[PDB]
Amino acid sequence: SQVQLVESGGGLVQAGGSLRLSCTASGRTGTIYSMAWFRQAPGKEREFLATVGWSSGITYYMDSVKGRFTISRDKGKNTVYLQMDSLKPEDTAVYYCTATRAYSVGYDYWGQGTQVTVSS
Amino acid sequence: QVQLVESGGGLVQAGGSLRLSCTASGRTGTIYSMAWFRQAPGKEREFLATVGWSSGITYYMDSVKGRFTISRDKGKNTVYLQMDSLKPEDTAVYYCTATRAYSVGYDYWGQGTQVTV
Ligand SMILES: Cn1c(=O)c2c(ncn2C)n(C)c1=O
């Protein structure tokens, strides 16, 4: 793979708590147009959550996470973040980061995910 | 600056097929890609598939890959979602979107069309 992604930052918290996910990209990172976070709860489909423009830092959020989660990136460190506040049990899932290449569409590169568990 | 109107859908028998379409009007030259989402009752909007407006390159989520086909006719300003091998859990309101060049996410949304399997 010309770009490799590794997510970290997951773990177990109680409801009301916070986590900060991160994902480092390596390889041909100059080809990245945007990065996005998804999550997959057990037995469910992958759900798109939020995206950030790699060059611009412009962001877009789905209503499921808007106003609790913040996506950002430190371009010089080739790292994207997902700040997750006011976590609820229903946020429990494997969280994946992805990259979309310039002149492509969709989600070209995927990490292996990081587990997020929110208990009562 | 861009308006989207979806057509197609309605009641369809399981195992069958439906083709949805969406026509864009306005500043269509600014469109980089278009994408279909769906929302089952009481659930979140789920991203399904996208097509590059200039190139026709496509991407599908695993939920629909190998069953739905997305395509576009640039001259007619129209994008299509061919839905084959439909299953009960495909019942949802289907929404088409457009993303402007140099934007991110989903800038323009249609009003949706119901598909009931
Ligand atoms: C919206 N958009 C663009 O506008 C774009 C792009 N790659 C190049 N451009 C211009 N990608 C991947 C993209 O999603």
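Chain A is the first sequence line, chain B the second, and so forth, proteins listed ahead of strands; every chain is numbered from 1. Order of listing sets the numbers, starting from 1, for every ligand and every atom in it. In what follows, every heavy atom counts, from backbone to side chain, and hydrogens, waters and symmetry copies are set aside.
- As PDB records put it, the drug at ligand 1 is caffeine.
- Counting heavy-atom pairs under 4.5 Å, the chain with the largest count for caffeine is, by its name in the PDB entry, Anti-Caffeine VHH Antibody.
- The heavy-atom neighbours of caffeine at a 4.0 Å cut-off, by chain: A, B.
- Applying a cut-off of 4.0 Å to heavy atoms, one finds the binding site of caffeine to be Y33(A), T100(A), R101(A), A102(A), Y103(A), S104(A), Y32(B), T99(B), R100(B), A101(B), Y102(B), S103(B).
- Proximity to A102(A) (heavy-atom distance under 4.0 Å) selects the following atoms of caffeine: 7 (N).
- Less than 4.0 angstrom separates some heavy atom of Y102(B) from each of these atoms of caffeine: 3 (C), 4 (O), 10 (C).
- Distance from atom 1 (C) of caffeine to its nearest protein heavy atom, with residue and atom name: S103(B) O, 3.4 Å.
- Using a 4.0 Å cut-off to heavy atoms of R101(A), the atoms of caffeine that qualify are 12 (C).
- Atoms of caffeine found under 4.0 Å from any heavy atom of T99(B) (numbered from 1 in listed order, with element): 1 (C).
- For atom 9 (N) of caffeine, the nearest non-hydrogen atom of the protein is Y32(B) CE1, 3.6 Å.
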What short N/O contacts, under 3.5 Å, does caffeine make with the protein, listed by atom pair and distance?
from, atom 1, to, atom 2, distance (Å)
caffeine, 4 (O), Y102(B), N, 2.8
caffeine, 7 (N), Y103(A), N, 2.9
caffeine, 7 (N), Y32(B), OH, 3.4

